[PDB]
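Snapshot of tetracycline at Tetracycline repressor protein class D.
Residue numbering restarts at 1 for every chain, and letters A, B, ... go by the order of the sequence lines. Indexing begins at 1, ligand by ligand and atom by atom, following the structure's order. Atoms considered below: every heavy atom in the structure, side chains included; atoms not considered: hydrogens, waters and symmetry mates.
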Number of protein chains: 2
Amino acid sequence: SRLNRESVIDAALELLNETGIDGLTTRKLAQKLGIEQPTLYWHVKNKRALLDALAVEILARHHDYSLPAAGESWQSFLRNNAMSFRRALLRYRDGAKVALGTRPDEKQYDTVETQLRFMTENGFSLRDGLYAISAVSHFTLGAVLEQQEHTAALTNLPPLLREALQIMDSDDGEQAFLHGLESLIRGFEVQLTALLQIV
Amino acid sequence: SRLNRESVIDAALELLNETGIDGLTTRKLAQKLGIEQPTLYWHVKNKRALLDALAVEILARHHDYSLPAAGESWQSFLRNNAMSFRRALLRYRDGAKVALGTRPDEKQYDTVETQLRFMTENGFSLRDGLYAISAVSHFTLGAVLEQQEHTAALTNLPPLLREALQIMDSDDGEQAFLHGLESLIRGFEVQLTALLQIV
Ligand SMILES: CN(C)[C@@H]1C(O)=C(C(N)=O)C(=O)[C@@]2(O)C(O)=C3C(=O)c4c(O)cccc4[C@@](C)(O)[C@H]3C[C@@H]12
Ligand SMILES: CN(C)[C@@H]1C(O)=C(C(N)=O)C(=O)[C@@]2(O)C(O)=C3C(=O)c4c(O)cccc4[C@@](C)(O)[C@H]3C[C@@H]12
Ligand SMILES: [Cl-]
Ligand SMILES: [Cl-]
Ligand SMILES: [Cl-]
Ligand SMILES: [Cl-]
Ligand SMILES: [Cl-]
Ligand SMILES: [Cl-]
Ligand SMILES: [Mg+2]
Ligand SMILES: [Mg+2]
């Protein structure tokens with residue numbers, strides 16, 4: 001079938017959904033695409049190239065709150081950005097695993113530069129803004145990965161743990177995520193406010 | 001060589017370090033152990049059983065701050081617990097990937113019950129204590145996974161991003177981690193303090 005970049009990526013996401021990350025392979029991608037393996041190699045050199053591309057494209061397709069609204073607070077932007085990031089990572093099987101350890105792509109440069117500038121224009125040093133952005137990224141990735149890999153795994157408890165497991169089993173993870181997110185955002189705010197005060 | 005549980009686990013961690021998680025296999029474990037594959041199967045049924053075991057044993061061996069000190073504050077316990085958790089996850093290649101989505105093992109029941117009880121004895125509802133514990137777990141896992149998978153990957157920047165990448169490349173990740181951790185802990189504290197007040 002068609003082997004332009006857009007089409008190869010569509011097929012790879014479809015396969016990622018069916019097989020997960022560890023099961024995703026170029027041989028299986030060639031099969032899905034109805035092509036021989038040397039044909040594929042012309043377009044896709046290895047699994048890493050594919051993974052890097054999929055991490056960019058998953059956000060390009062499903063991460064719709066990458067930029068703050070006009071007049072939006074930094075707190076609100078981090079909240080909205082994190083919810084959007086989480087949704088995007090949850091959309092394909094092992095999506096968060098595909099996103100791990102990637103670095104900004106050239107096609108994302110304008111966008112993440114704006115993100116970083118925004119934090120600095122709200123009083124953060126680049127480092128402190130970066131640390132806030134990174135903590136949000138990390139917390140969100142961890143929460144999605146635990147949620148997803150828990151599912152992968154599924155394929156005389158003491159009382160508080162029993163109840164804790166009931167609590168976790170009662171929700172997809174969004175409740176704990178949204179709660180932890182408010183804690184994180186407010187902690188950043190306390191830090192930012194304090195300036196040189198002992199806090 | 002010897003195939004008791006302890007020995008199989010030693011070999012599997014050694015192999016995890018050499019090959020990472022996706023490359024870890026029972027065939028390769030059998031090779032390391034100097035045994036045939038049906039011999040191994042008697043002791044280890046599949047890769048999942050091995051992964052579940054390794055997640056328990058990595059913490060058993062290297063997570064030394066699982067319990068609060070006498071009179072220790074909940075803030076200090078979460079801090080100390082998180083640093084210890086992070087160190088443990090960093091000790092083997094893809095350690096954090098091995099830990100993902102696991103649930104408490106029977107051998108950890110006493111310990112995590114104590115953790116949960118401790119939070120409740122400091123004023124948290126079980127749910128809020130759980131949400132705090134989970135946010136710490138998630139933030140720490142995400143930060144370790146990004147650090148580690150970044151390394152795996154390695155095998156006209158705009159100015160703020162250039163500097164941000166210099167900042168990240170200058171440290172192993174501990175600085176941003178410790179900073180984000182204080183933000184998280186203080187956010188929990190603000191929440192706990194507020195009780196029914198609008199906050
Ligand atoms: C907070 N939120 C989840 C962010 C986001 O919305 C992104 C996006 N594509 O819109 C990221 O790329 C974002 O998710 C993300 O992945 C970010 C990063 O990876 C980095 C890295 O690795 C190094 C320097 C700077 C960044 C960053 C500023 O681009 C990060 C922004 C992250
Ligand atoms: C915060 N810190 C990293 C904790 C920890 O020190 C643990 C340990 N072995 O000592 C965990 O097991 C700990 O790391 C961890 O993994 C915990 C959990 O997985 C769960 C799950 O999944 C469900 C209910 C309860 C727990 C928990 C209370 O046992 C969690 C405690 C985590
Ligand atoms: Cl076609
Ligand atoms: Cl074509
Ligand atoms: Cl492959
Ligand atoms: Cl021996
Ligand atoms: Cl033996
Ligand atoms: Cl295997
Ligand atoms: Mg990233
Ligand atoms: Mg866990």
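All copies of tetracycline taken together correspond to ligands 1 and 2. Other chains with any heavy atom closer than 4.0 Å to tetracycline (ligand 2): A, B.
Under a 4.0 Å non-hydrogen cut-off, the residues that form the binding site of tetracycline (ligand 2) are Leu161(A), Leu165(A), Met168(A), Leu59(B), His63(B), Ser66(B), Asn81(B), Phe85(B), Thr102(B), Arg103(B), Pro104(B), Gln108(B), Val112(B), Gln115(B), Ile133(B), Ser137(B). Where the criterion is an N or O separation shorter than 3.5 Å, residue side chain and backbone included, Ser66(B) fails it with respect to tetracycline (ligand 2). Nearest to atom 25 (C) of tetracycline (ligand 2) among the protein's heavy atoms is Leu161(A) CD1, 3.7 Å. Protein heavy atom nearest atom 31 (C) of tetracycline (ligand 2), with residue, atom name and distance: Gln115(B) OE1, 3.4 Å. In terms of N/O distances under 3.5 Å, tetracycline (ligand 2) is not approached by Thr111(B).
Looking from atom 13 (C) of tetracycline (ligand 2) to the surrounding protein, the closest heavy atom is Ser137(B) OG, 4.2 Å. The entry gives the source of chain B as Escherichia coli. Atom 2 (N) of tetracycline (ligand 2) has its closest protein heavy atom at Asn81(B) OD1, 2.7 Å. The ligand atoms of tetracycline (ligand 2) that sit less than 4.0 angstrom from a heavy atom of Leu165(A) are 23 (C), 24 (C). Against a heavy-atom cut-off of under 4.0 Å, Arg103(B) is close to the following atoms of tetracycline (ligand 2): 22 (O). The single protein non-hydrogen atom nearest to atom 21 (C) of tetracycline (ligand 2) is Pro104(B) CD, 3.7 Å, given as residue, atom name and distance. Distance cut-off 4.0 Å; other ligands and ions near tetracycline (ligand 2): ligand 10 (magnesium ion).
At a 3.5 angstrom cut-off on N or O pairs, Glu146(A) does not count as close to tetracycline (ligand 2). With a heavy-atom cut-off of 4.0 Å, tetracycline (ligand 2) reaches these UniProt tetracycline-binding residues of chain B: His63(B), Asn81(B). Atom 9 (N) of tetracycline (ligand 2) has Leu59(B) CD1, 3.5 Å as its closest protein atom, hydrogens excluded (heavy atom only).
Every atom of tetracycline (ligand 2) is numbered from 1 in the order shown, and the set under 4.0 Å from a heavy atom of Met168(A) is 21 (C), 22 (O), 23 (C), 24 (C). Of all protein heavy atoms, the one closest to atom 11 (C) of tetracycline (ligand 2) is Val112(B) CG1, 4.2 Å.
Atom 23 (C) of tetracycline (ligand 2) is flagged as protein-proximal [any protein heavy atom, distance under 4.0 Å].
The closest protein non-hydrogen atom to atom 16 (O) of tetracycline (ligand 2) is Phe85(B) CZ, 4.7 Å.
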